[PDB]
K.L.:
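Sending over a structure as structure tokens; questions will come in a sec.
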2 protein chains.
Amino acid sequence: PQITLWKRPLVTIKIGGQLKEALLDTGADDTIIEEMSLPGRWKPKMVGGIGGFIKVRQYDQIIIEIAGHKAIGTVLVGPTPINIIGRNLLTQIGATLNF
Amino acid sequence: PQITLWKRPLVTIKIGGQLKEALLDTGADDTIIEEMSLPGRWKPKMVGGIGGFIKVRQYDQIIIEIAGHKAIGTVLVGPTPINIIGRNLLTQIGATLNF
Ligand SMILES: CC(C)(C)NC(=O)[C@@H]1C[C@@H]2CCCC[C@@H]2CN1C[C@@H](O)[C@H](Cc1ccccc1)NC(=O)[C@H](CC(N)=O)NC(=O)c1ccc2ccccc2n1
Ligand SMILES: CC(C)(C)NC(=O)[C@@H]1C[C@@H]2CCCC[C@@H]2CN1C[C@@H](O)[C@H](Cc1ccccc1)NC(=O)[C@H](CC(N)=O)NC(=O)c1ccc2ccccc2n1
């Protein structure tokens, strides 16, 4: 699709076998999902946002299906206000900014 | 331009004689730039993101060139680690997210 930015670019994702929504975020280097369980071992990390750094669990090689397109990569879990899909996964769906 | 996301989508911006860089940020409602203090009246306000909230000064009707395109709108000024071009000015420059 071609998504205009009149409103927040939310799409349906599927992760851990569950449907959720998430924000497609060209400004985010990483993908971060609201607290949930995921398989495999995780490592503790910190990541910084506009208001300071948060603690998160980093999971590797996680499958997300983003608006019907498959992506696999690192997914952080931590206290985010909203699930965000950042550039590490947006590149695998060929997403681009056009103007 | 059709911009892929293998790296951060930074562009040159010009606000009032000052040449700066900023991140085209689909995941941001607002435009936030670390600046001296633009001309005109402002009002204080708190904006947030991952990690909590920062204090900004809100300026309306700011004229800023973004990647060679003219936009006029609200610009928030305060202590952001990275300057960001949010959706309120992305729509003015005709930016869309595509995949
Ligand atoms: C709406 C309300 C009754 C307050 N319920 C909740 O907020 C529950 C409470 C639960 C316990 C606390 C931890 C989170 C869970 C899940 N949340 C809902 C959570 O799963 C759901 C995710 C979502 C967002 C947008 C579109 C679809 C789905 N978020 C929400 O319902 C709330 C309300 C809203 N205005 O959208 N959204 C947000 O809180 C939120 C905050 C910042 C954002 C920035 C950009 C884009 C979206 C943003 N959404
Ligand atoms: C997600 C993460 C990997 C942590 N990356 C980032 O957070 C980087 C950090 C960078 C350096 C500091 C300044 C921002 C840049 C770009 N961001 C991405 C950037 O896209 C970030 C993603 C985001 C969206 C919604 C909620 C929280 C976080 N957006 C933002 O920080 C924008 C800023 C703004 N316009 O006010 N926030 C929001 O648009 C927004 C909207 C509603 C909200 C409700 C409750 C709490 C926070 C809310 N934030």
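Lettering follows sequence order; numbering is per chain, from 1. Ligands are counted one by one from 1 in listed order, and the atoms in each one are counted from 1 as well. Only heavy atoms go into these numbers, but all of them, side chains included; no hydrogens, no water, no symmetry mates.
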K.L.:
What is ligand 2 bound to here, taking the chain with most contacts and naming it as the PDB entry does?
P.N.:
Protease
K.L.:
Return the drug name for ligand 2.
P.N.:
saquinavir
K.L.:
I'd like to know the other chains touching saquinavir (ligand 2) at heavy-atom distances under 4.0 Å, if you can.
P.N.:
A, B
K.L.:
Taking 4.0 angstrom as the limit and counting only heavy atoms of B:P81, give me the atoms of saquinavir (ligand 2) inside it, by number and element.
P.N.:
12 (C)
K.L.:
Among all the protein's non-hydrogen atoms, which is closest to atom 39 (O) of saquinavir (ligand 2), and how far away is it?
P.N.:
B:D29 N, 3.2 Å
K.L.:
Report which residue and atom the deposited model joins to saquinavir (ligand 2) by a covalent bond.
P.N.:
none
K.L.:
Look up the source organism of chain B in the entry and report it.
P.N.:
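The deposit lists Human immunodeficiency virus 1.
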K.L.:
Can you report which non-hydrogen protein atom sits closest to atom 31 (O) of saquinavir (ligand 2), along with the distance?
P.N.:
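Checking every protein heavy atom, the shortest distance to atom 31 (O) of saquinavir (ligand 2) gives B:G49 CA, 3.5 Å.
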K.L.:
For atom 24 (C) of saquinavir (ligand 2), grab the closest protein heavy atom and report residue, atom and distance to one decimal in Å.
P.N.:
B:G27 O, 3.4 Å
K.L.:
Counting only non-hydrogen atoms of the protein, does one fall under 4.0 Å from atom 44 (C) of saquinavir (ligand 2)?
P.N.:
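No, there is none.
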K.L.:
Write out the residue and atom name of the closest protein heavy atom to atom 1 (C) of saquinavir (ligand 2), then the distance separating them to 0.1 Å.
P.N.:
B:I50 CD1, 3.3 Å
K.L.:
Mark up the atoms of saquinavir (ligand 2) that fall under 4.0 Å of a heavy atom belonging to B:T80, in ascending order.
P.N.:
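Near B:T80, the atoms of saquinavir (ligand 2) are 13 (C).
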K.L.:
So for A:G48, does at least one of its heavy atoms come nearer than 4.0 angstrom to any atom of saquinavir (ligand 2)?
P.N.:
yes
K.L.:
Tell me whether atom 28 (C) of saquinavir (ligand 2) lies less than 4.0 Å from at least one protein heavy-atom position.
P.N.:
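Under 4.0 Å from atom 28 (C) of saquinavir (ligand 2), at least one protein heavy atom found.
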K.L.:
Counting heavy atoms only, name the option from A:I54, A:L24, A:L23, B:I32 that's nearest to atom 34 (C) of saquinavir (ligand 2).
P.N.:
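Result: the heavy atom closest to atom 34 (C) of saquinavir (ligand 2) is in B:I32.
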K.L.:
Going by distance only, is there an N or O of B:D30 that falls short of 3.5 Å from an N or O of saquinavir (ligand 2)?
P.N.:
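Yes, there is a polar N/O contact under 3.5 Å.
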K.L.:
Tell me the protein heavy atom at minimum distance from atom 15 (C) of saquinavir (ligand 2), and give that distance in Å.
P.N.:
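It is B:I84 CG2, 4.0 Å.
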K.L.:
Which residue supplies the protein heavy atom nearest to atom 10 (C) of saquinavir (ligand 2), what is that atom called, and how far is it?
P.N.:
B:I82 CD1, 4.1 Å
K.L.:
Consider every N or O of A:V47 and every N or O of saquinavir (ligand 2), then say whether any pair is closer than 3.5 Å.
P.N.:
no
K.L.:
Touching saquinavir (ligand 2) at all, B:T31? Heavy atoms, strictly under 4.0 Å?
P.N.:
no
K.L.:
For A:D25, take its heavy atoms, then give the atoms of saquinavir (ligand 2) lying under 4.0 Å from any of them.
P.N.:
18 (C), 19 (C), 20 (O), 21 (C), 22 (C)
K.L.:
I'd like to check which saquinavir (ligand 2) atoms, numbered from 1 as shown, lie under 4.0 Å from a non-hydrogen atom of A:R8.
P.N.:
41 (C), 42 (C)
K.L.:
If you draw a 4.0 Å sphere around every atom of saquinavir (ligand 2), which residues of other chains have a heavy atom inside it?
P.N.:
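On a heavy-atom basis, the binding site is A:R8, A:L23, A:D25, A:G27, A:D30, A:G48, A:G49, A:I50, A:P81, A:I82, A:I84, B:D25, B:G27, B:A28, B:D29, B:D30, B:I32, B:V47, B:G48, B:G49, B:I50, B:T80, B:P81, B:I82.
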